[PDB]
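Check out this one - mifepristone stuck to Glucocorticoid receptor.
Letters A, B, ... are given to chains in the order of the sequence lines, protein chains preceding strands, and every chain is numbered from 1. All ligand and atom numbering here is 1-based and tracks the order in the structure.
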Amino acid sequence: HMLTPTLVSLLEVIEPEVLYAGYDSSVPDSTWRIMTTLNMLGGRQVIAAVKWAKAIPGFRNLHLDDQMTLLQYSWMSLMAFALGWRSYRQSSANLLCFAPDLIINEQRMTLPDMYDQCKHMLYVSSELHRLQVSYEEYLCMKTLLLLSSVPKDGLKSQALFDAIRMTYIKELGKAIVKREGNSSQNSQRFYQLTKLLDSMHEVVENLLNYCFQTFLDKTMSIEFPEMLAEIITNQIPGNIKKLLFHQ
Amino acid sequence: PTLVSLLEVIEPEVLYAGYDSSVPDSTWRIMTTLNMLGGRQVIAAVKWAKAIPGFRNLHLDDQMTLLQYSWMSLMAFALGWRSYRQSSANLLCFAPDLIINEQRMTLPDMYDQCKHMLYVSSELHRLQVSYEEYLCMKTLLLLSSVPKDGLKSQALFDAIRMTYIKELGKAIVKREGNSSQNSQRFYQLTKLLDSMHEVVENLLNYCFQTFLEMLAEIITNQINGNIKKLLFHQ
Amino acid sequence: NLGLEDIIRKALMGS
Ligand SMILES: CC#C[C@]1(O)CC[C@H]2[C@@H]3CCC4=CC(=O)CCC4=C3[C@@H](c3ccc(N(C)C)cc3)C[C@@]21C
Ligand SMILES: CC#C[C@]1(O)CC[C@H]2[C@@H]3CCC4=CC(=O)CCC4=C3[C@@H](c3ccc(N(C)C)cc3)C[C@@]21C
């Protein structure tokens, strides 16, 4: 059965391959720090989005594989939408408020490392600024976004989901009525607000398309982008059916 | 409460990035990249340990215990050797893609630790150690420290260590030379091995001044009383 | 050490 001569020959054998640090000369120190810091913050925000989703009335009664699925389809949409909002409220003019301690100005987002992406994240920020969305409006909207993408083969709790979704759509109406009145029916603000939601599909699809067109750019990458590659695991349909308020 | 009251209650507090402009991008990268690499090395060091002839047969706990006391010794020694083989023992070569040169090393942020890391390197170089010899020495490092309060399978452990001490004896001889030169060389490399306890204590001291959570988990679980340190020479 | 869908799964239950 097999064999090798000396004990050193064996210590030689089990000696492990060399590990790389994943350190590329080309990426500047500042680009690495910012993109590293976001990635780990992103990770933490996903954890928090799930915890949150698990607190959401209705949704939390949906079968767990539905919670999973919905979470998997919508986490980017959610997070991007909250970044829009954080930014909208920490602004006046055109920042991305990734965090309180990590706010990126307009000049930073100009650079080639930032530009393609921040176009799409600002788009959400500036639209919230355009429609002067209230917190109540946003809270309802953000929930609607969780329930915005469904698999074509059905959820396991479809009737619950449907009525859940309706409720939160009615809750959005109540949000607009809190801000407007109800001497009106608020049909245009409902069209405008829903339409922003509809567009988050695009801001997400553009963000994911960026991640694929940047993942491919890493030929030979000594520092392999599993962060930008894992983002392609949990997002890659096709089952995903986008629910649109306006076709 | 209203649906929107709940929705508002359950909104998560906004997370921080943990970003800090008092830290230069220079240091952050280097030390972040170091910490991740070190993380992966520890893991690899555990998997290696498991495959080491004899060690495997020790009690499950002893293996965890021996590893607690040695991982840094192993990791520094390896790093000394990689540095010796990549740069003639004067750059520190944490990984192939991550070489911190003499100029960077001299800065205050990195100086204290790197002195001790370079020592390991410079000294293998000086002793012109070989791979067969290196690989023996490193397995002896894994058996450099024991519980003063004994391992569970101690006579097994002694036999195991005694076997690798011999294999280092064979490794020395494989280069050939006088019977005086081989006694000089045994002394020398065994002195080296012994001097890893102090490079370890120093490299670990600097790390207890990380603290006054990745390396944090191991660092609270460390803080040299019960751990006896097997010396070749006195 | 943990895929995205692994993080989501872990969060849905217990990290
Ligand atoms: C600048 C930039 C950039 C990007 O590469 C594209 C979209 C960013 C995403 C938006 C949505 C978003 C909102 C944030 O508040 C910080 C994080 C964040 C990101 C970043 C991110 C990176 C990795 C993950 N994982 C692994 C779960 C999550 C978020 C970085 C992203 C993807
Ligand atoms: C420069 C420098 C430095 C240090 O902070 C002190 C000693 C370094 C250690 C030596 C031993 C060592 C050998 C290497 O090849 C890379 C890593 C390494 C380190 C670094 C390290 C960082 C984190 C861990 N964890 C979380 C287990 C392990 C090792 C960095 C260390 C600790």
message: Hey, which other chains get a heavy atom under 4.0 Å from mifepristone (ligand 1)?
response: A
query: Which residues lie closer than 4.0 Å to mifepristone (ligand 1) by heavy-atom distance?
result: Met35(A), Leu38(A), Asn39(A), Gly42(A), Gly43(A), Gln45(A), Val46(A), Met76(A), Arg86(A), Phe98(A), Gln117(A), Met121(A), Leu207(A), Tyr210(A), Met227(A), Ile231(A)
query: Which UniProt domain of chain A dominates the contacts with mifepristone (ligand 1)?
result: NR LBD
